[PDB]
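Model: Lactotransferrin / ligand diclofenac.
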Amino acid sequence: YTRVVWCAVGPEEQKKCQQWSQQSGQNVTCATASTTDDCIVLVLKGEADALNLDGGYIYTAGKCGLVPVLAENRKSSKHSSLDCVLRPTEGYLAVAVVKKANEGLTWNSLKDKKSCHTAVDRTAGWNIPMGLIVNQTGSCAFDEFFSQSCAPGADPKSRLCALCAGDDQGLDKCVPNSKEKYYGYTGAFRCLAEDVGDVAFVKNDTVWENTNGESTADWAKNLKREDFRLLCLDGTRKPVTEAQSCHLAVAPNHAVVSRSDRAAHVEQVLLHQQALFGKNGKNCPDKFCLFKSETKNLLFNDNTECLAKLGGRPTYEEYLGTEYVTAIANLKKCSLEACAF
Ligand SMILES: *[C@@H]1O[C@H](CO)[C@@H](O[C@@H]2O[C@H](CO)[C@@H](O[C@H]3O[C@H](CO)[C@@H](O[C@@H]4O[C@H](CO)[C@@H](O[C@@H]5O[C@H](CO)[C@@H](OC6O[C@H](CO)[C@@H](O)[C@H](O)[C@@H]6O)[C@H](O)[C@@H]5O)[C@H](O)[C@@H]4O)[C@H](O)[C@@H]3O)[C@H](O)[C@H]2NC(C)=O)[C@H](O)[C@H]1NC(C)=O
Ligand SMILES: *[C@@H]1O[C@H](CO)[C@@H](O[C@@H]2O[C@H](CO)[C@@H](O[C@H]3O[C@H](CO[C@@H]4O[C@H](CO)[C@@H](O)[C@H](O)[C@@H]4O)[C@@H](O[C@@H]4O[C@H](CO)[C@@H](O)[C@H](O)[C@@H]4O)[C@H](O)[C@@H]3O)[C@H](O)[C@H]2NC(C)=O)[C@H](O)[C@H]1NC(C)=O
Ligand SMILES: *[C@@H]1O[C@H](CO)[C@@H](O[C@@H]2O[C@H](CO)[C@@H](O)[C@H](O)[C@H]2NC(C)=O)[C@H](O)[C@H]1NC(C)=O
Ligand SMILES: O=C(O)Cc1ccccc1Nc1c(Cl)cccc1Cl
Ligand SMILES: [Fe+3]
Ligand SMILES: [Zn+2]
Ligand SMILES: [Zn+2]
């Protein structure tokens, strides 16, 4: 049989991947790139097999021919008799979060404020909110909407990167990988928590997972849910308990992608790997946990219960949903067809 070559984005993911590789007895090995797009390119070249992707990245990967293989499944809201691997996924809720103390800030007063985004091209952090903003403003100048932002992946000298902080050494400012302090769900939420930005574009889970003791991180350990509010599209503000009635969109879950000709093998290997290292896997937590990384969401989101089988052998467009695909396409007209590589 063949090894599966995972692609890790940045050095922290690479360290975790290397641990996984060792524990997997080399059934999984690691390639690494500086950005998700570069990992997608390694896979396109056949120099890596697979990685787990946010839905926007799935769009990029899908235009280039890669296919969804298995999806992140978090704990469900409702009892299900089904095994996690066979439980239909529920998408996650993309939200716009602000501080309660920032009174009078609403969806309709976002112009000229400071924003924190997971990364350019990601679902909750970018495609959904910027797509909505472009539409409502009738303008493609989304790079001039917020006074300053951290939007990892943007031009580092631009306003879209002005709030990004890079690493310990201040290096890698605005890179779209975990070195950047404010990268990803957790980074963008931290950007809001520290009042670097006025608004964070993340998902509902992020708020809950980093407040009220759920995170022991120095920056998060003392945060309280009641100190945050969600911005609803109708211009109201709601407590973070009201995400189901105050979100920007329902996002398709992050999912593993690969070339078609490697998909069945990547799938088989991952199903076995999670049986070993997944949530209440045979050798997790004793040996290694594939879905933990000290609330850093490395390789997979830390709230992943399992990678689940897809229904109906879906194309990337079916997986993302026609709604979301068209929204991405419309936004991309600002900055239809074909691989971006
Ligand atoms: C924003 O993001 C947040 C972070 O992810 C989300 O919060 C997380 O949400 C999950 C669940 O959705 C939450 O859940 C965990 O909770 C427990 C462990 O704490 C887990 O175990 C349970 O699973 C069972 C199945 O769903 C449930 O068991 C019961 O339900 C029945 C029926 O109601 C009851 O039985 C009865 O009692 C009533 C009384 O009259 C009677 O009707 C009946 O006759 C019946 O006999 C029992 O009371 C019992 O509750 C139980 O609900 C629970 O789900 C669960 O699966 C998860 O592990 C996480 O704790 C939570 N995380 C944090 C940090 O808070 C938000 O949900 C999300 N918001 C939105 C809107 O999406
Ligand atoms: C920014 O603004 C943009 C411009 O409006 C937004 O893009 C547009 O988004 C719309 C919503 O996605 C498109 O509308 C489409 O809606 C139709 C119906 O879709 C279905 O849902 C029903 C009900 O569940 C189902 O039956 C079905 O399975 C679909 O899921 C589309 O389809 C039609 O199909 C039916 C039969 O199924 C048929 O009767 C019709 O003839 C028709 O073919 C329809 O074709 C639409 O695409 C808009 O087209 C789209 N506009 C543009 C210009 O592209 C964008 O979302 C905004 N961005 C954000 C972030 O909000
Ligand atoms: C690495 O992968 C190999 C191949 O799938 C695994 O070995 C297989 O294990 C299953 C269960 O033991 C057996 O049915 C097969 O016969 C084995 N195949 C071969 C050729 O060895 C192995 O368990 C995996 N190891 C880890 C740690 O992931
Ligand atoms: O119309 C479509 O193409 C897809 C569609 C419509 C309504 C509800 C869900 C979905 N698709 C969908 C699928 Cl099939 C998987 C994961 C996430 C999503 Cl949003
Ligand atoms: Fe996402
Ligand atoms: Zn909704
Ligand atoms: Zn299909």
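Sequence positions, counted from 1, serve as the residue numbers for this chain. Hydrogens, waters and symmetry mates play no part in the numbers below; they use all other heavy atoms, side chains included. When a ligand or atom number is given, it counts from 1 through the structure's own listing order.
Including duplicates, the parts belonging to diclofenac are ligand 4.
Residues of chain A near diclofenac (ligand 4) cluster mainly in UniProt domain Transferrin-like 2. Atom 17 (C) of diclofenac (ligand 4) lies below 4.0 Å from at least one non-hydrogen atom of the protein.
For atom 5 (C) of diclofenac (ligand 4), the closest heavy atom belonging to the protein is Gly321 CA, 4.0 Å. According to the entry, the source organism of chain A is Bos taurus. Contacts of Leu320 with diclofenac (ligand 4), taken as heavy-atom pairs under 4.0 Å, involve the backbone alone. By heavy-atom distance, the residue among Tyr319, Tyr324, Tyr92 lying nearest atom 15 (C) of diclofenac (ligand 4) is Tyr319.
Protein heavy atom in closest approach to atom 1 (O) of diclofenac (ligand 4): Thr322 OG1, 3.3 Å.
When heavy-atom distances to diclofenac (ligand 4) are checked against a 4.0 Å cut-off, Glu323 has no atom that comes that close, whether in backbone or side chain. Nearest non-hydrogen protein atom to atom 14 (Cl) of diclofenac (ligand 4) is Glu318 O, 3.1 Å.
At 4.0 Å, heavy atom to atom, the residues around diclofenac (ligand 4) are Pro252, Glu318, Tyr319, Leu320, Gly321, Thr322.
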